[PDB]
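Only one structure is covered here, and it is reproduced in the block below.
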Amino acid sequence: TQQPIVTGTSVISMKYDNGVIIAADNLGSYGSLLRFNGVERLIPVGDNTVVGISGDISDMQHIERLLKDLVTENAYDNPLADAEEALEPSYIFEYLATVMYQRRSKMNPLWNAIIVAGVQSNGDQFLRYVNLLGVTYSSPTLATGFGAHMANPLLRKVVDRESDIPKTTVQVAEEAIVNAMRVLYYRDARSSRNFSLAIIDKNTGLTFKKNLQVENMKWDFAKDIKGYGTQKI
Amino acid sequence: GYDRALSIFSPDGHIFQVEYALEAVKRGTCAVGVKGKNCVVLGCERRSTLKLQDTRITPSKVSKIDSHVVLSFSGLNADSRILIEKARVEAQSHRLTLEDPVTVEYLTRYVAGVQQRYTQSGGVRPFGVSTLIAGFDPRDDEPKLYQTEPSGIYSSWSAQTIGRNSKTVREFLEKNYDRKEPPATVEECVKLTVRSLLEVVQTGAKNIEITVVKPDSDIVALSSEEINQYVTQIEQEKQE
Amino acid sequence: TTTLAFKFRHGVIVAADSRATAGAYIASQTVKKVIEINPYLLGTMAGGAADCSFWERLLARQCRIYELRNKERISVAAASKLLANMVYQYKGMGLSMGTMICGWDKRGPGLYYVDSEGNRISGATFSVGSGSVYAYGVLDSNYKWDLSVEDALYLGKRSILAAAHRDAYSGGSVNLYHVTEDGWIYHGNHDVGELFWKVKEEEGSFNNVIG
Amino acid sequence: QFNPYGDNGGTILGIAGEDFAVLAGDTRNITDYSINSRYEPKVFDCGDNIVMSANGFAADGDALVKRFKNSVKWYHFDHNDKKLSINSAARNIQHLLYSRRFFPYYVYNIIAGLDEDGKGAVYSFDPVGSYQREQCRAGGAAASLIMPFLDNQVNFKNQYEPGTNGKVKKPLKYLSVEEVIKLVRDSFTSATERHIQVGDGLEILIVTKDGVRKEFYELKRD
Amino acid sequence: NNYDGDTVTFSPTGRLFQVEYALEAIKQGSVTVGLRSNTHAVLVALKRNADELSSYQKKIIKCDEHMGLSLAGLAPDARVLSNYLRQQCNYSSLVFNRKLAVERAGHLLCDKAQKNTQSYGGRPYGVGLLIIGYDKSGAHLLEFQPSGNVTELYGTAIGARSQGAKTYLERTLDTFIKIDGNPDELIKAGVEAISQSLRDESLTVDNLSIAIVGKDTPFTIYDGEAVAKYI
Amino acid sequence: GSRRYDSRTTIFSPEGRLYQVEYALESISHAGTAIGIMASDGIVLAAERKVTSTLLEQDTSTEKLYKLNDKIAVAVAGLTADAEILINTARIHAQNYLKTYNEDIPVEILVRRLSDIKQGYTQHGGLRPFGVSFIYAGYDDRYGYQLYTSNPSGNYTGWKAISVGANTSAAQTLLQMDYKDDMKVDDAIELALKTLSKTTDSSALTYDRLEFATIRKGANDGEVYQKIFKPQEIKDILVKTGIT
Amino acid sequence: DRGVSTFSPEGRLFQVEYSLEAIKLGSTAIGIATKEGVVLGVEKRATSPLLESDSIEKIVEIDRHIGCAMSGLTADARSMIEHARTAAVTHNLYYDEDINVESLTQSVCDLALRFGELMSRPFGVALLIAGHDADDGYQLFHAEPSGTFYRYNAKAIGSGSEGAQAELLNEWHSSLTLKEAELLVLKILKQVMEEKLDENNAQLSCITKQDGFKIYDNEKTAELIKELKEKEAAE
Amino acid sequence: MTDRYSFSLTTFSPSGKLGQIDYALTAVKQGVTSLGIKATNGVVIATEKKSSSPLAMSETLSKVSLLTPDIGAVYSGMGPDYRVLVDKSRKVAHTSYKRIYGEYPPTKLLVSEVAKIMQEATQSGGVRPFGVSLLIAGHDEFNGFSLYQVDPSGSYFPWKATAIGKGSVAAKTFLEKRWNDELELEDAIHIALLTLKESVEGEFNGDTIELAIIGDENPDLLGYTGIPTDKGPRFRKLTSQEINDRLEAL
Ligand SMILES: *[C@@](C)(CO)[C@](*)(O)[C@H](CC(C)C)NC(=O)[C@H](Cc1ccccc1)NC(=O)[C@H](CC(C)C)NC(=O)[C@H](CCc1ccccc1)NC(=O)CN1CCOCC1
Ligand SMILES: [Mg+2]
């Protein structure tokens with residue numbers, strides 16, 4: 001049993017017709033202190049999977065090392081390591097989910113919430129969640145922390161059920177994700193303007209975008225707001 | 001730990017260490033067991049090479065395992081103490097867990113199991129001991145007499161002997177003991193047990209020990225004079 | 001729960017209700033609180049359903065290996081003691097069991113109370129469970145040794161009914177057993193709903209209730 | 001302080017027929033007042049004509065199912081591809097549950113299938129392995145809403161025959177699969193109205209001698 | 001001679017005699033054949049009986065839905081190694097949700113057998129195994145020797161008189177590899193291959209044992225009247 | 001591996017004897033003779049030191065007679081180093097008993113414990129046995145004065161008079177001849193020294209080649225006193241009995 | 001000396017082969033499987049007339065549906081029987097059912113090769129394991145110290161085994177009744193035994209679906225012996 | 001790996017001999033001569049510094065070792081075996097005595113502990129006996145001065161004076177003629193130097209001889225003042241110069 005020290009906030013994601021999108025901001029908070037501004041919380045595994053992590057950053061860095069070692073180990077005595085016997089999103093997820101549940105069962109958890117996003121061999125979209133309790137679930141949209149409360153409602157307006165996935169393009173899906181990240185910046189006190197975004201498409205592969213910023217913000221209406229009720233000046 | 005396999009098979013299918021343990025039993029002093037109609041008698045040889053002995057304190061050949069069961073033996077004396085201690089512990093453990101004293105058959109099965117375990121365990125040699133276990137089951141008036149040996153096999157006997165010159169006394173018992181009509185009284189049972197030892201013992205003085213076990217935990221060891229009276233009567237009838 | 005058992009001339013009667021509870025919610029009403037360990041041994045269950053079920057099923061397996069090694073059916077005293085020693089290892093760890101080991105052996109009919117606290121008691125009359133206190137009134141007032149099998153079965157049945165009526169956590173149906181030297185005999189499942197009205201009319205009891 | 005348990009909601013329901021059995025459960029997964037998934041399967045075909053659903057704390061339910069599926073696999077290996085009977089599975093599951101008597105699987109569990117006489121069977125388990133064969137059983141969040149309805153509409157409790165006035169009961173006539181599925185849908189539609197953790201979807205698994213069939217029905221998404 | 005008392009001793013020419021003696025136990029064992037195409041992989045085994053009253057010792061063991069083997073030599077050692085494969089296949093499924101690659105299964109068997117050849121007290125395994133399977137890279141056939149050596153092959157045979165079947169497969173190589181989408185014809189080629197190792201005795205209904213795995217075919221074993229079709 | 005170099009210390013011979021026990025007894029037969037004699041009013045322990053030197057410090061020396069507790073003593077025959085290992089164990093056992101039951105350990109119980117330890121080395125462990133034979137002289141309120149012996153086999157027996165070490169055959173015959181049941185300590189002292197004087201391999205029996213001890217109720221009223229004789233006291237008793 | 005787990009140049013384990021020689025010295029045990037049941041019979045072979053023969057226990061119950069006969073170093077069988085009984089009852093605990101005869105036999109045979117430098121040597125005893133289950137019906141197995149087990153229609157182990165097996169070769173057919181099998185075991189035992197066969201030095205037993213495993217009384221066997229003598233004198 | 005030699009390497013032969021102990025004693029016989037003499041007011045122990053090479057600095061190799069402030073040791077036989085025994089002897093004096101009773105052990109009990117260690121190497125699994133005989137000189141309040149010999153078997157004997165190693169038989173004879181119960185420490189040192197000269201071939205001086213005494217308390221060697229009851233170590237190693245001074249009056 002511990003407590004989280006340096007933390008990462010929401011990770012958000014959704015499926016679209018040809019793949020998945022996942023995003024997360026670049027902040028490592030230390031309680032109310034916005035300590036570390038250059039933290040990457042999206043971690044690619046091969047060219048077909050991206051693991052997005054929230055929660056304790058020291059535990060994130062540990063998981064990041066487990067994944068790096070997983071790739072190394074899969075290549076051992078494996079001539080098809082860059083082909084048929086490459087790591088799949090479903091393999092990577094089940095491994096993490098196994099570790100998370102084992103750690104909670106020893107009362108010494110990895111204080112994280114994880115979303116594994118990727119595309120399988122057969123072109124199927126993979127998107128599944130796992131957390132410190134070993135709890136797992138899948139949905140067309142997934143989000144951790146505050147994103148679960150604010151992002152999911154917005155993303156579910158695009159993909160409300162399974163049948164809406166083929167009707168959703170990459171331009172529409174990215175637009176929705178970017179908007180959700182803006183909303184979280186308005187409303188989450190432990191968020192940052194700077195974020196990273198990753199797209200895993202079955203045709204165009206893995207596209208990893210860094211140093212993105214929340215833009216097109218609305219603040220001008222603030223000038224007209226005066227006092228808390230009766231004040232006029 | 002010392003894990004060496006000492007008891008192993010030989011090309012002809014023999015475990016020599018177990019068979020050599022039987023040779024240690026052959027060397028040991030003679031022990032005999034005879035069950036009557038309402039009793040069991042255990043006779044034991046004492047070799048008279050050792051005089052100046054203190055008979056008060058010297059370890060007796062017949063050992064009580066519980067109040068209703070006794071155990072005599074032939075072979076290595078030091079080895080017998082280990083089996084007796086284990087048997088005594090098990091007897092109390094049985095009373096403690098099952099709220100009944102052990103049956104004679106159960107106690108025998110335990111002791112025999114210990115002997116067997118030492119024939120296929122690493123780093124240990126077999127017990128150079130054969131035992132005669134006798135007594136009466138709780139709330140039962142049927143006499144019980146069992147034998148064990150180093151290999152671990154056990155069986156029930158109407159009458160049996162073990163140790164040196166046991167071949168001779170077994171020969172005597174086979175022709176003298178009648179199954180249809182066993183020794184009806186304690187006297188007849190003790191007399192037959194003393195007679196059998198007199199075939200082998202040498203002198204009938206302090207060389208013969210007798211222990212009578214009767215039902216309901218009634219166990220007593222005869223004295224030198226009491227036994228000497230049997231020795232006297234036997235030979236006086238023989239002079240004819 | 002309500003369970004009871006008592007020794008008498010013609011063996012031992014065993015009776016129990018069938019209710020299972022999770023707070024105020026009645027989760028089940030078809031629970032068998034009497035476990036058949038062997039054709040001559042019964043066990044009752046009270047408290048932790050899971051605990052009672054597991055340990056008494058594990059005991060039945062101990063009692064069976066006993067019969068194989070010894071060529072002899074285990075005694076009621078030995079069986080009760082194996083259970084007692086098993087649960088004593090986990091004392092203070094949270095187990096909740098209130099059991100009675102009923103049977104017929106060499107010493108005649110036997111009846112032992114065993115619990116997770118550590119008690120192991122031989123006795124002619126027992127009742128354990130939340131409704132035991134109500135059942136004891138009927139038992140103590142009508143219990144003889146010279147009781148007919150018919151009257152003894154009724155007494156155990158009527159005793160559970162008394163408890164099932166008053167105790168909120170007791171009811172459903174009554175399971176009856178009679179243990180003889182030729183083994184135990186199941187005497188049916190009796191719905192308390194129907195049984196109550198029947199007894200009320202035939203006996204005249206429960207005058208305060210309208211029907 | 002770290003709490004190793006959670007509540008993922010959900011409700012399940014098993015009904016045994018004369019020559020069939022059904023195991024139903026909603027597809028909603030939740031934490032507190034949030035929805036995790038509107039379609040997250042909870043009832044599984046475990047092999048040998050057995051269906052199972054364990055939930056409450058999803059992570060413990062997933063592990064138990066995963067272990068029992070594994071137990072079936074090894075039962076075949078060790079006993080010459082013998083079919084695991086429903087009564088044998090039930091007893092096996094008890095021992096999986098009690099192995100953690102001092103750190104329990106926080107779940108409600110129900111299995112369903114056919115007994116060795118071909119008749120429908122439903123077994124119910126508490127978190128630590130107390131199990132019971134029953135004709136009708138609901139488990140989970142809205143179990144208390146559904147069970148009284150099933151006592152009335154499956155076992156005809158408190159129902160008597162008109163004219164007699166309480167003297168003669170309603171006779172226990174068996175139910176068909178079509179009649180049972182109606183009770184299942186009505187049970188879950190009623191539970192969806194009054195319980196916030198129940199909704200989104202309803203997945204039913206029907207078990208016959210022919211095998212295991214699925215049916216899916218939508219529920220309210222509020 | 002002086003260097004065959006245990007597994008921990010090289011001979012002066014660099015040989016390990018206890019391993020070679022374990023290899024000898026395989027040659028005494030009954031014949032078994034393995035072969036594959038691009039779609040399917042087949043095991044064929046000649047079972048052996050003690051006498052006419054006895055049953056015919058089973059030769060084929062299932063490891064997973066997509067993998068299994070046939071044995072030749074000490075049957076208990078095959079039970080130990082197959083149990084290990086069952087666990088490893090199972091670990092891969094439970095932890096990684098991944099069917100174990102046949103090549104990796106061979107690497108694990110090699111490493112398990114090797115430990116028994118370098119340490120004091122233990123002994124080498126006295127059995128040879130033919131592993132077949134269908135994974136993400138198609139059909140596979142492996143040959144396991146208790147020296148530790150594992151080899152991927154198109155076809156092979158082990159046991160007594162196995163050289164006859166191995167020569168046949170070496171001729172038929174170009175034909176049976178092309179038998180795609182036709183399980184019965186691939187088994188026929190296997191039954192015809194194992195027939196080259198028979199003397200005096202012939203293939204009867206309770207003598208023959210066949211197993212197959214493929215693209216849309218789980219590992220299944222055929223015995224009794226199920227193989228009368230191929231006699 | 002290691003099997004090649006294992007002597008296998010705990011095995012039977014074809015005749016049913018324990019090789020190492022028999023060879024340990026052979027070792028003990030070359031050790032200095034130790035004699036124990038039990039009388040009605042006490043026990044005597046006499047023992048011969050092995051070929052000493054004039055430069056050996058005798059008054060601070062101890063190779064034969066050791067104290068286990070206030071009531072029990074032992075005479076040693078064999079490897080002294082092996083004996084000290086066992087003696088310290090016996091001292092601890094005696095104290096454990098006293099702590100547990102608040103009574104002095106009965107003699108036989110102490111003897112049985114040591115003999116069981118010896119037995120263990122003959123049946124398991126693969127180690128050589130202790131090359132030691134003890135004569136236990138002790139007193140308790142059950143059996144009174146007691147003499148026991150134990151040997152590497154772990155077998156023990158009770159005696160009225162007994163010898164261990166060298167020339168036991170000759171020594172036992174001499175003891176069997178002159179011993180009587182109504183004998184007293186002063187007479188037993190004389191018998192022990194006379195027996196050593198006749199069985200010794202040395203030219204003459206002197207004070208510097210002996211260790212001597214008595215266990216007497218010759219302590220003021222109902223109690224027991226152990227007396228380990230000093231060099232000068234051994235010299236005096238040799239003159240008194242008429243040996244020097 | 002040499003390792004306990006050593007292979008011979010022929011590819012056999014020395015110790016396993018030597019234990020088989022010990023089994024050849026053991027008393028005879030015979031098993032015959034029919035569609036009406038499986039019969040088990042043994043030679044008691046008392047070493048002396050004073051030995052109470054009814055204490056010789058070479059036929060043993062494992063469960064209600066499984067019996068067992070032994071031959072060789074019989075003391076070694078006790079821990080095997082103990083394991084078998086535990087395995088049978090443990091499976092009933094975990095699965096609420098009877099255990100398959102083959103599965104029970106496999107569990108016993110798993111102990112066999114657990115020896116090295118675990119126990120110090122192989123078992124010096126062979127077992128005939130007979131039983132019934134719902135899947136494969138009446139079955140007879142021969143469990144060796146090699147870890148191998150064969151199923152048999154009929155089998156003889158012990159000193160008179162090869163002579164008895166040849167006799168079982170000719171006599172066994174798939175339509176044998178239980179009564180016919182009983183007489184057949186008695187016939188072959190009488191043939192290979194040194195001493196004259198009677199109810200005191202030989203013992204019969206059977207396993208049926210209805211009544212389960214039963215050891216025959218000496219009075220019951222005596223009648224079957226008398227019935228055998230008369231039918232042999234009939235031609 | 002694992003130490004698989006769990007069995008005894010020293011065993012009784014048919015004649016009753018413990019071979020490895022006898023062979024260990026033979027190694028002691030080949031070793032350089034060392035001796036010890038007990039006086040009324042002290043004890044002396046001495047040996048030859050047999051230098052393996054003239055390039056080797058023989059001052060760095062100490063054959064005579066301090067075990068406690070009042071107990072010293074010297075050996076004959078295998079040097080490395082002695083060095084480890086000294087390390088163990090020093091430690092056991094603390095662990096099995098000083099940390100319990102708050103004072104250093106008396107000579108006889110420290111000897112008893114060293115003996116035990118050597119006995120165990122004679123019975124325990126997978127080890128050979130120590131190939132050394134020790135001479136341990138010491139003083140304690142209640143026993144006074146004392147000198148003990150310890151053999152490979154673990155047996156120990158107290159001596160008025162003795163010698164071990166190469167020329168022990170001749171040296172013990174020499175000591176028997178010269179020893180009496182009225183010797184002062186200086187007389188014992190003189191006799192020690194005379195006895196040791198007979199067994200030495202080459203150079204005989206302070207640089208080739210190692211000699212130490214157990215005598216009076218040395219407050220100058222204590223290293224601190226302020227506690228009256230602490231009066232300093234009785235063990236003292238004689239310097240090269242101090243030996244040479246006594247070789248002129250030889
Ligand atoms: C009378 C009826 C009541 O006193 C009897 O004593 C019966 C005995 C029969 C059932 C053998 N006892 C009960 O009904 C017993 C009461 C009880 C409850 C909890 C602990 C001890 C005693 N009830 C149970 O055992 C129920 C049986 C279920 C409903 C089938 N089990 C539970 O309540 C389980 C077991 C809990 C548990 C025990 C030990 C460690 C961990 C957990 N608990 C749950 O299902 C969780 N519960 C569900 C309802 O909501 C609250 C949480
Ligand atoms: Mg118990």
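Lettering follows sequence order; numbering is per chain, from 1. Cropped entry; intra-crop contacts only. Start at 1 and go down the list; that is how both ligands and their atoms are numbered.
According to the PDB, the drug at ligand 1 is carfilzomib (bound form). Measured by close contacts, the chief partner of carfilzomib (bound form) is listed under UniProt as Proteasome subunit beta type-5. Other chains in heavy-atom range of carfilzomib (bound form) (under 4.0 Å): C, D. Counting heavy atoms within 4.0 Å, the binding site of carfilzomib (bound form) comprises C/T1, C/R19, C/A20, C/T21, C/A22, C/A27, C/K33, C/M45, C/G47, C/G48, C/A49, C/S130, C/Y169, D/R101, D/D126, D/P127, D/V128. Short-range neighbours of carfilzomib (bound form) under 4.0 Å, ligands and ions only: none. In chain C, UniProt bortezomib-binding residues less than 4.0 Å from carfilzomib (bound form) by heavy-atom distance: C/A49. The active-site residue of chain C per UniProt that lies nearest to carfilzomib (bound form), with minimum heavy-atom distance rounded to 1 Å, is C/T1, 1 Å. The deposited model shows a covalent link between carfilzomib (bound form) and C/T1 OG1.
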